[PDB]
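What follows is a model of Reverse transcriptase p66 carrying bound FTC-TP.
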Amino acid sequence: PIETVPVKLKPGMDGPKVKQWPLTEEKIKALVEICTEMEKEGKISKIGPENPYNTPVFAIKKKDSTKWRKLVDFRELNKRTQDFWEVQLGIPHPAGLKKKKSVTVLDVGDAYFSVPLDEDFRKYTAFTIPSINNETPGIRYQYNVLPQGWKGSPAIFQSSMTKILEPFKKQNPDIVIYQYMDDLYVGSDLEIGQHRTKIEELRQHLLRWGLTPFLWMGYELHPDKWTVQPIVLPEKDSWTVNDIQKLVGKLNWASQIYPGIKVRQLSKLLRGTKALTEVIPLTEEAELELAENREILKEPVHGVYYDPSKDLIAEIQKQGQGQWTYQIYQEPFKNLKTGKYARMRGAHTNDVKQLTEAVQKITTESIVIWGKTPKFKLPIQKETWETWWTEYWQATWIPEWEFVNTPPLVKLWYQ
Amino acid sequence: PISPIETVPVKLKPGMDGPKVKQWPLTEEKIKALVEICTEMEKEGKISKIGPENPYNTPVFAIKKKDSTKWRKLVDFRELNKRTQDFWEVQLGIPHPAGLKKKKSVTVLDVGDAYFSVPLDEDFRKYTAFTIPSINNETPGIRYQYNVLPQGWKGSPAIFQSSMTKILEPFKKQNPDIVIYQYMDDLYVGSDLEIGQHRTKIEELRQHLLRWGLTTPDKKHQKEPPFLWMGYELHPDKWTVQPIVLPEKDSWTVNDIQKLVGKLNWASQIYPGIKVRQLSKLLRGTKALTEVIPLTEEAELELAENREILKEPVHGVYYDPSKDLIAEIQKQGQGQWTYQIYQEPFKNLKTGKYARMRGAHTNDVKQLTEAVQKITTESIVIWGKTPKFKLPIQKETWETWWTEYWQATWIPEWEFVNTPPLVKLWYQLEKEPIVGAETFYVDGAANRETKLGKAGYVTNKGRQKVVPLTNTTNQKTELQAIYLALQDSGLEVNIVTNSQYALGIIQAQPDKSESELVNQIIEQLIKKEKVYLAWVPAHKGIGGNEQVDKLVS
DNA sequence: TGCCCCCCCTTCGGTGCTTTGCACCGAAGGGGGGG
Ligand SMILES: Nc1nc(=O)n([C@@H]2CS[C@H](COP(=O)(O)OP(=O)(O)OP(=O)(O)O)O2)cc1F
Ligand SMILES: OC[C@H]1O[C@@](CO)(O[C@H]2O[C@H](CO)[C@@H](O)[C@H](O)[C@H]2O)[C@@H](O)[C@@H]1O
Ligand SMILES: [Ca+2]
Ligand SMILES: [N+]
């Protein structure tokens with residue numbers, strides 16, 4: 001006897017019509033078992049071809065987890081679904097979450113299955129389960145309850161969510177709790193033992209409502225230890241023509257970010273037509289120019305701030321040897337954060353797994369810092385990414401992405 | 001008494017009305033054979049006659065069955081299809097015999113009058129109206145509306161196909177020991193049961209279908225191999241495609257070559273080594289479908305090589321899940337690649353080919369990677385897993401490529417097979433400037449209006465060159481400047497350009513290009529022993545860059 | 001002079017940085033195949 005919250009699509013927008021991609025035998029078997037159990041429990045019901053919508057579905061295993069977990073790629077539906085901030089159901093984002101010494105991420109999406117979904121909106125959740133060798137045509141379903149991975153699920157469930165958290169929040173006023181998609185982010189400045197203890201309390205606190213993929217898992221973050229990667233100029237005692245050419249190139253590029261950078265005095269050193277390996281000494285004027293440029297790169301960029309109404313963009317460069325650099329911004333050359341990753345899973349053997357890890361890491365940081373996930377510019381060929389990325393995806397959400405091919409003419413973020 | 005097959009709700013697109021297309025003139029031979037078929041549907045109840053209150057109509061025609069003495073009724077619902085809602089097709093792919101496991105007993109059925117045994121939506125039948133001339137338009141004639149799925153309506157395939165699955169669902173769940181491959185009305189059913197039990201379950205299935213109004217005539221009931229299915233022939237231990245007819249015409253039109261290349265592709269799924277590069281190359285061009293094309297010396301040999309492959313009958317084997325999948329790739333030249341998939345040596349599950357040329361400039365390694373990606377996805381579709389790869393590329397070559405390339409790339413678990421021609425990188429760019437090698441500052445520029453330009457260089461030893469160029473572009477002159485420096489330098493050279501364009505191309509170590517010039521640059525790069533390319537910004541007063549920029553500008 | 005699905009090869013127009021030329025990619029029309 002729970003009334004359904006009516007949901008609309010953005011005016012002038014149809015529903016998602018995204019084709020189902022092929023699934024490995026292990027993923028189909030998992031889905032067929034998961035859907036058989038969801039159909040018995042009424043969480044999903046079969047449909048036919050008269051429903052013109054469709055969203056891709058597959059399955060993942062979270063880190064250090066041996067059990068499958070259904071994942072629907074609701075990216076297309078989420079972009080077409082009415083923004084609930086206009087409905088005032090938006091979840092505010094706490095600026096103090098990134099400052100906590102520890103942050104645990106709990107998968108609470110399971111609770112969304114208790115809330116029914118608006119009848120008129122269920123047709124938009126249609127998905128199709130394929131079969132190996134196309135033995136059986138696609139078997140289509142749709143959701144009757146709040147589906148995991150849909151941006152409307154946490155929004156509608158928030159009214160129920162806040163009540164469940166009421167007693168724990170009042171007993172622990174210094175703990176930060178943020179809800180994003182199927183995940184709950186819980187941060188504290190406590191000691192790890194006390195922190196993990198409080199997290200266990202919140203779990204059992206949830207089962208108190210549970211009796212009235214699973215919840216037992218949690219992942220630890222430490223945002224207070226997150227660092228950035230600035231643009232750096234090498235320190236040499238002797239410079240070759242080539243070195244100064246690279247430096248002038250890099251500085252000339254960097255001037256789009258720091259408008260005070262000059263290269264006039266350094267360029268004049270390349271006045272002749274010299275061999276690239278010729279060592280040339282720095283003039284008195286060029287010595288001060290370099291030092292002053294280093295000074296400029298030390299201070300922050302002027303007029304760079306986070307605008308809550310603009311999308312986040314993330315660019316990633318493969319630097320080689322397991323090193324990966326990234327920048328996050330809303331306006332070009334106004335980076336809100338720059339970073340570097342190294343020695344991730346896959347390092348020195350698998351580019352795609354490493355990049356998959358990088359995208360997950362950057363998204364997780366964006367959620368903690370701004371409550372948004374960025375749109376990624378990926379340094380990979382579309383076909384290469386689409387063939388493998390699902391083998392390494394371990395998150396319950398999926399960010400937007402596009403594919404780029406930018407030869408590194410200037411090693412700008414990594415020497 | 002049959003079980004009524006629940007109707008599928010169907011609607012027209014909002015604000016759109018039924019079709020009104022009338023009928024085009026029909027030959028008497030066709031007008032006659034039609035009325036006989038319409039009356040049969042009236043008897044069986046497939047069509048109702050009352051149509052005076054119906055303002056709609058859709059043209060009708062007919063064509064024969066594939067090598068059959070029976071005409072086929074078709075309705076041109078193209079107009080109704082536009083005004084009909086959109087459906088989500090449930091047919092996601094085509095089964096392949098290499099994905100089948102061996103079975104002790106097998107059967108193949110066909111449902112008689114598939115579309116006409118499924119009840120159409122009550123409210124939608126009015127728009128399926130159609131008129132047939134009684135006698136050459138002498139009298140008004142018999143109008144009809146469909147009571148079942150008609151042919152020509154875009155919703156017929158998906159609706160019948162979805163209904164076919166809802167009918168089979170209870171039989172499969174109550175009989176897990178059986179496998180049923182459903183493709184439209186075609187039906188494959190196999191089990192390892194004793195033949196007697198198999199015939200029993202088969203008849204139980206025939207009865208189940210007849211219980212929902214679906215007949216399985218004995219004329220289409222295949223009981224003995226070789227079973228004809230999906231265009232193949234299924235034997236107990238091996239499978240094969242149905243014979244391929246290659247046109248041997250001595251005068252080739254554009255459409256002839258199209259049909260030829262089409263059958264060669266279809267044959268490539270089991271016949272290994274098929275090539276279509278030179279034959280398809282004859283098709284490139286805005287020629288009419290009827291224009292005659294003379295086969296090139298290369299195209300004639302390529303056709304001859306393919307003929308030799310098709311002379312011998314080839315068969316594939318079936319899938320054993322207990323064994324790993326092997327995929328082996330060989331380079332065929334000119335961006336062509338064939339492969340074989342197998343579990344035991346020399347017993348192929350299937351074969352295939354990759355010859356896609358994507359990108360203006362590429363190399364064999366990128367293409368081998370693309371071939372691997374094709375085979376991987378194909379393997380997941382047919383078996384749901386990735387095969388282990390045997391590739392004609394050394395671990396060292398691949399390591400050098402993927403670790404240095406600026407794009408993320410990867411290949412699943414694989415091993416080297418020494419089967420020339422091997423894939424390799426044809427040149428390597430230095431990471432540091434070369435000591436004692438001449439430094440060429442290259443540059444080029446072209447006039448946007450006259451399309452005239454200049455390319456040239458100046459070196460640290462005083463060597464200089466400027467060459468005039470006609471009908472060119474900025475980008476072309478930049479490549480030309482680099483080309484000149486390569487021609488005029490010794491075996492080791494430092495080259496400084498400001499062309500991001502040229503550097504992006506060259507730094508990816510292409511070995512093939514659609515650009516004659518780039519190919520010439522590649523030929524030079526292969527001859528060098530050390531080559532260091534560096535980029536500098538323009539108009540910054542840099543070394544020879546300011547000097548070379550004035551010369552060619 | 002129909003409908004639905006898969007595949008390869010060529011062409012063509014839209015898109016975005018290599019920029020006003022060139023590279024990429026998806027749609028479409030040709031062919032093969034299935035019902
Ligand atoms: N060319 C075709 N156009 C079609 O619309 N169909 C459709 C989709 S599959 C369905 C089958 O028709 P029905 O069973 O009468 O036709 P059939 O020849 O496959 O079978 P049969 O004569 O009933 O045994 O017709 C098939 C064609 F080959
Ligand atoms: O890799 C992108 C690829 O995915 C598809 C289909 O799965 O679309 C999905 O990914 C897009 C890129 O982020 C999203 O914009 C879209 O919403 C999502 O369905 C393809 O459209 C695309 O080629
Ligand atoms: Ca039939
Ligand atoms: N120039």
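Chain identifiers are assigned alphabetically (A, B, ...) following the order of the sequence lines, protein sequences preceding nucleic acid strands; residue numbering begins at 1 within each chain. Just so you know, ligand 1 is whichever comes first in the structure, and atom 1 is the first atom listed for that ligand. Just so you know, these numbers use all the heavy atoms, side chains as well, and skip hydrogens, waters and symmetry mates.
For FTC-TP, every matching ligand or chain, copies included, can be listed as ligand 1.
Heavy-atom contacts below 4.0 Å between FTC-TP (ligand 1) and other chains occur for B, C. Binding site of FTC-TP (ligand 1) at 4.0 Å, heavy atoms: B/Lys65, B/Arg72, B/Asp110, B/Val111, B/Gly112, B/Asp113, B/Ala114, B/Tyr115, B/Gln151, B/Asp185, B/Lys220, C/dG2, C/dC3, C/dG35. Taking a cut-off of under 4.0 Å to the non-hydrogen atoms of B/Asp113, the atoms of FTC-TP (ligand 1) that pass are 13 (P), 14 (O), 15 (O), 23 (O).
Between B/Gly112 and FTC-TP (ligand 1), no pair of N/O atoms sits closer than 3.5 Å. Counting the atoms of FTC-TP (ligand 1) from 1 in the order shown, those under 4.0 Å from a heavy atom of B/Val111 are 14 (O), 23 (O). In the deposited entry, the molecule designated DNA chain C bears the name DNA/RNA (38-MER). In this structure, the list of other ligands and ions lying less than 4.0 Å from FTC-TP (ligand 1) reads ligand 3 (calcium ion).
Near B/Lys65, with a cut-off below 4.0 Å to any heavy atom, the atoms of FTC-TP (ligand 1) are 18 (O), 22 (O).
Taking any N or O of B/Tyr115, backbone or side chain, none lies under 3.5 Å from an N or O belonging to FTC-TP (ligand 1).
The deposit credits the origin of chain B to Human immunodeficiency virus type 1.
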Give a table of atom pairs where an N or O of FTC-TP (ligand 1) lies under 3.5 Å from a protein N or O.
residue, atom, partner, partner atom, Å
FTC-TP (ligand 1), 14 (O), B/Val111, O, 3.1
FTC-TP (ligand 1), 14 (O), B/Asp113, N, 3.3
FTC-TP (ligand 1), 14 (O), B/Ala114, N, 3.4
FTC-TP (ligand 1), 14 (O), B/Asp185, OD2, 3.3
FTC-TP (ligand 1), 15 (O), B/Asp113, OD1, 3.4
FTC-TP (ligand 1), 16 (O), B/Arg72, NH2, 3.3
FTC-TP (ligand 1), 18 (O), B/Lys65, NZ, 3.4
FTC-TP (ligand 1), 18 (O), B/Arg72, NH2, 3.4
FTC-TP (ligand 1), 19 (O), B/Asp185, OD2, 3.4
FTC-TP (ligand 1), 22 (O), B/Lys65, NZ, 3.2
FTC-TP (ligand 1), 23 (O), B/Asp113, N, 2.7
FTC-TP (ligand 1), 25 (O), B/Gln151, NE2, 3.4

